[PDB]
J.: 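Just downloaded a structure that has imipenem (hydrolyzed form) in it.
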Amino acid sequence: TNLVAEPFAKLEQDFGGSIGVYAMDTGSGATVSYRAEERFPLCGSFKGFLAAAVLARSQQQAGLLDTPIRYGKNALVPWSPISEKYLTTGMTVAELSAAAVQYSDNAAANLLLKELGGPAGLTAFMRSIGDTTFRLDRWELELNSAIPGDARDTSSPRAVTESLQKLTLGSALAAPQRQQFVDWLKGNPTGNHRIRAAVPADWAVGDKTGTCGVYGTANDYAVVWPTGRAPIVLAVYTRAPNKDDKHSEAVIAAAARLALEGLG
Ligand SMILES: C[C@@H](O)[C@@H](C(=O)O)[C@H]1CC(SCCNC=N)=C(C(=O)O)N1
């Protein structure tokens, strides 16, 4: 594990913070781990799991995805580029889910959390798939505080990867819901400088990013489909000790590359 770990330790030292990585080859079972059981703030990366929770609920409530959500101005919070434009009409649950995943829309995220019973409702969904590490405690935008030591609104790289595998490739979602989730991740345009930058252009990638805006705290998780080979699932999370420390997309891409090249 010393030969595996040492390039990650070098990377996080030059970054000035901590990096957590977990990658799984779903065919052979091979893994790469670095700080994989440490907690890191989720930031907006929870929004991918939120959409999966909504899709899962639609398996027990026919028509949930078509349900109209007609909201007022108070539902709007900072960084709500899609939901801001439909204030005059409303949006359906599926339209809000697409906005949360592909634009990281904060109002859409809060509206979907409300549908699920709050942050506790998303945590309960994650428990239902066997994830005991994930916890969402607060709403947007308070969940982005990323204060050193705080376990609220965190998970671990290993738990993120394991849950992502269950939702995108396992049995948790029925086929139509599973393909919708995969399509939302594949079409996400916010992560071009993160895990996607480490992956050959020929290979499809679906990802969800998070960027807290403080404490150098940012992340990405992804499924990678190498052509004619079993898919890979991976997660890369960062944090830093000072409130004004800057996050780095380049560090996330570099750590993704180190993990992908070390699988086998
Ligand atoms: C709301 C803010 O904290 C952040 C988050 O939820 O983590 C929003 C803003 C951003 S927009 C991405 C900007 N990309 C620049 N290259 C993200 C994200 O990384 O997905 N989500």
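Sequential numbering from 1 along the given sequence is applied to the chain's residues. How was it done? The header gives X-ray crystallography, 1.5 Å. Remember, it's 1-based here, ligands and their atoms both numbered in the order they're listed.
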J.: Provide the full list of ligands or chains belonging to imipenem (hydrolyzed form).
T.: ligand 1
J.: Provide the name in the PDB entry for the chain that contacts imipenem (hydrolyzed form, ligand 1) most.
T.: Carbapenem-hydrolyzing beta-lactamase KPC
J.: Find all residues with any heavy atom less than 4.0 Å from an atom of imipenem (hydrolyzed form, ligand 1).
T.: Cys43, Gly44, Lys47, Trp79, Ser104, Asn106, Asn144, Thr190, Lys208, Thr209, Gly210, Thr211, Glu249
J.: Which of the atoms of imipenem (hydrolyzed form, ligand 1) are close to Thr211, meaning less than 4.0 Å from one of its heavy atoms?
T.: 2 (C), 3 (O), 4 (C), 5 (C), 7 (O), 18 (C), 19 (O)
J.: Under 4.0 Å from atom 13 (C) of imipenem (hydrolyzed form, ligand 1), is there at least one protein heavy atom?
T.: no
J.: May I ask you to list the atoms of imipenem (hydrolyzed form, ligand 1) that are less than 4.0 angstrom from any heavy atom of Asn144?
T.: 3 (O)
J.: What atoms of imipenem (hydrolyzed form, ligand 1) come within less than 4.0 Å of a heavy atom belonging to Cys43?
T.: 7 (O)
J.: As an exercise, identify every atom of imipenem (hydrolyzed form, ligand 1) less than 4.0 angstrom from a heavy atom of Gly44.
T.: 5 (C), 6 (O), 7 (O)
J.: Counting each atom of imipenem (hydrolyzed form, ligand 1) from 1 as listed, which ones have a heavy atom of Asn106 under 4.0 Å away?
T.: 1 (C)
J.: Hey, which atoms in imipenem (hydrolyzed form, ligand 1) end up nearer than 4.0 Å to a heavy atom of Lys208?
T.: 20 (O)
